[PDB]
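Structure of BI 847325 in complex with Aurora kinase B-A.
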Amino acid sequence: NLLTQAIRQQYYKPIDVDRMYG
Amino acid sequence: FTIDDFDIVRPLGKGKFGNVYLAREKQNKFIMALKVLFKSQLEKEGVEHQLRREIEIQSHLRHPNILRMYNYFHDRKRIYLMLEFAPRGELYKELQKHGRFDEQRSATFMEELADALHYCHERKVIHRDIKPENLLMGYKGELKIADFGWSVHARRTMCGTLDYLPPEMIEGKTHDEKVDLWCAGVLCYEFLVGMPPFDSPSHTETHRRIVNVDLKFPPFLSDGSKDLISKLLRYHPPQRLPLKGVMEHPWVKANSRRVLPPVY
Ligand SMILES: CCNC(=O)C#Cc1ccc2c(c1)NC(=O)/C2=C(\Nc1ccc(CN(C)C)cc1)c1ccccc1
């Protein structure tokens, strides 16, 4: 699925969650 | 934040105090878990203070083996928890499916667990309920401590789970952070064996086996795994192998294939 690839991409290219959400 | 800022993809299942959903935050297209709690339900069940203690502890913890709570928001009827999505789901389902884990899988989980608990202990947070059902698995199968229901920032509170209870709790003595050392030993045994070490038909016989440390290792266990377990399952809390000792244990060094997830 397209979701499976997005989950994979999220592991390898994590985002600054402290800035985006925290 | 509002629910409208997210595309709910699908339910992930029932969590503690509410359903969990796989959701995507529309703006950043970031996949996360969304726990939905009903404000009235929390009040009725009388778990508001209990939920507040758990949110307060889990939101201030930042470790690769601790399930992250990113933030929270609320509307008229619901409280929404923005949580890290653990793609491999429930560790207990994986244990049930395999029957038991091999030495590599178990040692990797033990290294991840001891590192997460050391991080907690450094901050005076005692978990008190380490067991397979409280653990999730990340994209590469990395351990994620996901339930902090019995956790405290520090004790006499008799808590946890029967098979995982340390002697001092059963005996009604005061306890400290060393309860997590004992539970880590019970967890290691259950990972490798498929059953907790003091499993018995009755509560009284389980209590008896725990207080006497009636540890009966199956013959398929390696000397190294039995060494680590025996060192954690000590009757006297100060004699228990410290968490740094678990991480440094030769069986853990030789068998763990731990990978740290990429950082930002
Ligand atoms: C301080 C307060 N914090 C909390 O209350 C919390 C929480 C929490 C609870 C659960 C999850 C979570 C966060 N993140 C996740 O990814 C969760 C689950 N992931 C999950 C489920 C199925 C599959 C699919 N399988 C088939 C792989 C994958 C992944 C999960 C949800 C519901 C029940 C069991 C597990």
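Chain IDs: alphabetical, in sequence-line order. Heads up, chain A uses the PDB entry numbers, so what you see runs 805-826. Per the PDB entry, chain B residues shown: 88-241, 246-355, in order. Values below: every heavy atom of this structure, side chains too, minus hydrogens, waters and symmetry copies. Ligands are counted one by one from 1 in listed order, and the atoms in each one are counted from 1 as well.
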Original post:
In what form does the model contain BI 847325: which ligands or which chains?
Top reply: ligand 1
Original post:
If a contact means heavy atoms under 4.0 Å apart, which other chains contact BI 847325 (ligand 1)?
Top reply: B
**OP:** Give the residue list for BI 847325 (ligand 1), heavy-atom cut-off 4.0 Å.
**Re:** B:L99, B:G100, B:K101, B:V107, B:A120, B:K122, B:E141, B:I142, B:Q145, B:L154, B:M156, B:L168, B:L170, B:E171, B:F172, B:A173, B:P174, B:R175, B:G176, B:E177, B:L223
**OP:** Enumerate the ATP-binding residues UniProt records for chain B that place a heavy atom under 4.0 Å from BI 847325 (ligand 1).
**Re:** B:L99, B:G100, B:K101, B:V107, B:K122
Original post:
With atoms numbered from 1 as shown, which atoms in BI 847325 (ligand 1) lie under 4.0 angstrom from a non-hydrogen atom of B:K101?
Top reply: 32 (C), 33 (C)
Original post:
Right, does atom 35 (C) of BI 847325 (ligand 1) have protein non-hydrogen atoms nearer than 4.0 Å?
Top reply: yes
**OP:** Using a distance threshold of 4.0 Å (strictly less than), state whether atom 25 (N) of BI 847325 (ligand 1) has a protein heavy-atom neighbour.
**Re:** no
Original post:
At a 4.0 Å threshold, what atoms of BI 847325 (ligand 1) neighbour a non-hydrogen atom of B:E177?
Top reply: 34 (C), 35 (C)
Original post:
Which of the UniProt domains in chain B holds the largest share of residues touching BI 847325 (ligand 1)?
Top reply: Protein kinase
Subject >> PDB source organism - chain B >> reply: Xenopus laevis
**OP:** Could you tell me which atoms of BI 847325 (ligand 1), counted from 1 in the order shown, lie closer than 4.0 angstrom to a heavy atom of B:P174?
**Re:** 27 (C), 28 (C)
